[PDB]
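Chain letters run A, B, ... following the sequence lines, proteins first, then strands; residues in each count from 1. Just so you know, ligand 1 is whichever comes first in the structure, and atom 1 is the first atom listed for that ligand. Structure determined by electron microscopy, 3.7 Å. Atoms considered below: every heavy atom in the structure, side chains included; atoms not considered: hydrogens, waters and symmetry mates. Not the full deposit; the contacts listed refer only to the portion displayed.
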Amino acid sequence: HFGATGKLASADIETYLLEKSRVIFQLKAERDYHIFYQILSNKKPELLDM
Amino acid sequence: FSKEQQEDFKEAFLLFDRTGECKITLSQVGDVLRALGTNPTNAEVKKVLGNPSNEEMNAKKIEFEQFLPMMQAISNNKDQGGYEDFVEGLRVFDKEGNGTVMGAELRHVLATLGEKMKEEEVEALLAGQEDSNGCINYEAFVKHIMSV
Amino acid sequence: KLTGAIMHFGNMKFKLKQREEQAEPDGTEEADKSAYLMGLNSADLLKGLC
Amino acid sequence: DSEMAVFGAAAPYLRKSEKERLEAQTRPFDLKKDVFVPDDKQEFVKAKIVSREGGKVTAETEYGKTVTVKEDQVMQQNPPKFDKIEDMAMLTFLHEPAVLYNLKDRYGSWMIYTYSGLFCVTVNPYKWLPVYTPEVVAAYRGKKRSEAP
Amino acid sequence: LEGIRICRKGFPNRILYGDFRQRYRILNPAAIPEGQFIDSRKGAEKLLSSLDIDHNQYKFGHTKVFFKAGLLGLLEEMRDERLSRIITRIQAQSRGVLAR
Ligand SMILES: CC(C)n1c(=O)cc(N[C@@H](C)c2ccccc2)[nH]c1=O
């Protein structure tokens with residue numbers, strides 16, 4: 001969204017259909033959502049403790 | 001022009017020349033011809049000169065007798081824009097449509113986007129012409145600058 | 001001029017779209033006559049009205 | 001092109017080089033003979049007309065294979081002056097192989113974006129072009145589709 | 001392919017007569033003199049006829065003007081060339097009277 005002057009004023013995100021089943025089932029040659037492996041890959045001690 | 005026109009043109013150069021009789025301002029003379037006659041785009045001045053160097057613009061001083069023809073040549077570039085031509089210009093900067101232009105983007109437009117201008121002039125041209133809300137009545141600004 | 005525009009303003013003819021049930025001007029000559037008097041624009045006047 | 005300098009290091013990955021401009025005027029191409037012909041392993045292949053036999057035509061493909069197809073299924077090749085144009089709506093001959101090969105010649109040179117008139121086609125590079133860092137954003141500010149690649 | 005077929009043959013570009021007049025009046029203020037009434041249809045007719053572009057590229061609708069595929073880009077190129085010309089010529093005036 002932009003103002004009458006044209007400068008950025010806000011942004012709205014809308015989502016339509018998350019593949020909620022992908023969270024539990026994936027075929028060969030594909031991943032689940034990236035969040036899980038990116039958290040696990042750094043083994044960041046503060047997150048690996050939390 | 002009349003023979004009495006060239007004399008009063010001459011004494012503009014005679015006041016601007018700080019030399020007792022060998023100067024006329026190669027860097028500043030075209031800027032003054034705006035006042036004595038009509039006003040060009042500086043690029044057209046540079047095209048009649050034939051695109052000199054910036055160091056030439058800062059160091060060179062030219063000879064007046066060759067400049068008398070330049071007075072007419074710089075006067076020659078017709079199809080200058082009229083009042084309606086100018087007033088429809090700043091409306092594209094007007095993102096409201098009511099007849100005001102905010103000076104925060106008006107000075108920005110005049111400084112950044114067209115030909116170069118000496119910025120202090122941009123500060124002082126609109127100074128005193130603003131309103132309390134911080135805008136300009138550009139149809140007045142155009143009928144100001146076309147007249148005087 | 002404002003009295004005159006209130007006269008012209010009744011001469012604006014509107015027509016329903018074949019499926020949207022939305023008003024669009026057929027009588028654009030009366031709407032641009034009105035806007036010319038009130039100092040609006042024919043398009044944004046018609047868009048605002050409809 | 002001297003104006004390409006505004007994109008910095010991203011410039012080679014958006015528009016063809018000056019050599020490709022000069023090569024285009026020197027390519028061997030005959031508008032009446034150069035045509036696309038369908039193939040099995042690949043949808044279309046360039047081919048060269050060798051003879052005319054009324055309603056039946058015979059031609060030799062770029063791989064030296066002989067083919068015979070009726071004139072209803074043969075499509076003239078686009079001249080090299082329109083190769084890799086940035087907007088496929090400006091193609092002179094528009095058909096399935098003209099778009100296929102217009103995408104293929106651009107994509108093989110990592111020029112991944114191409115317009116198609118009112119809409120645009122982007123082909124997945126799979127390897128990065130430094131075409132997404134802050135410096136190009138400034139080059140795209142206020143520029144129109146006629147100006148920027 | 002079909003979308004190109006329609007873009008090349010058809011009239012993909014379209015403007016309301018009022019927004020056309022409002023935006024591109026900067027292209028020829030004399031074709032649409034203000035201070036006097038002129039219907040949206042005949043005004044757009046005179047302005048576009050004055051542009052000297054290929055007249056086979058457009059046709060007029062009941063409420064929108066219609067252009068061939070490649071015209072609208074050329075009109076925006078034309079308008080920004082004019083806006084550059086004019087903001088520099090208003091600067092011609094600004095410098096001229098400021099120097100006065
Ligand atoms: C059909 C569509 C592509 N279109 C146009 O063809 C022109 C529009 N508006 C005009 C006023 C305009 C032209 C060019 C740039 C900005 C705006 N709107 C539109 O929706």
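- The PDB lists the drug found at ligand 1 under the name mavacamten.
- The chain forming the most contacts with mavacamten in this entry appears in UniProt as Myosin-7.
- Using a 4.0 Å cut-off on heavy atoms, the other chains next to mavacamten are E.
- Mapped onto UniProt domains, the residues of chain E touching mavacamten mostly lie in Myosin motor.
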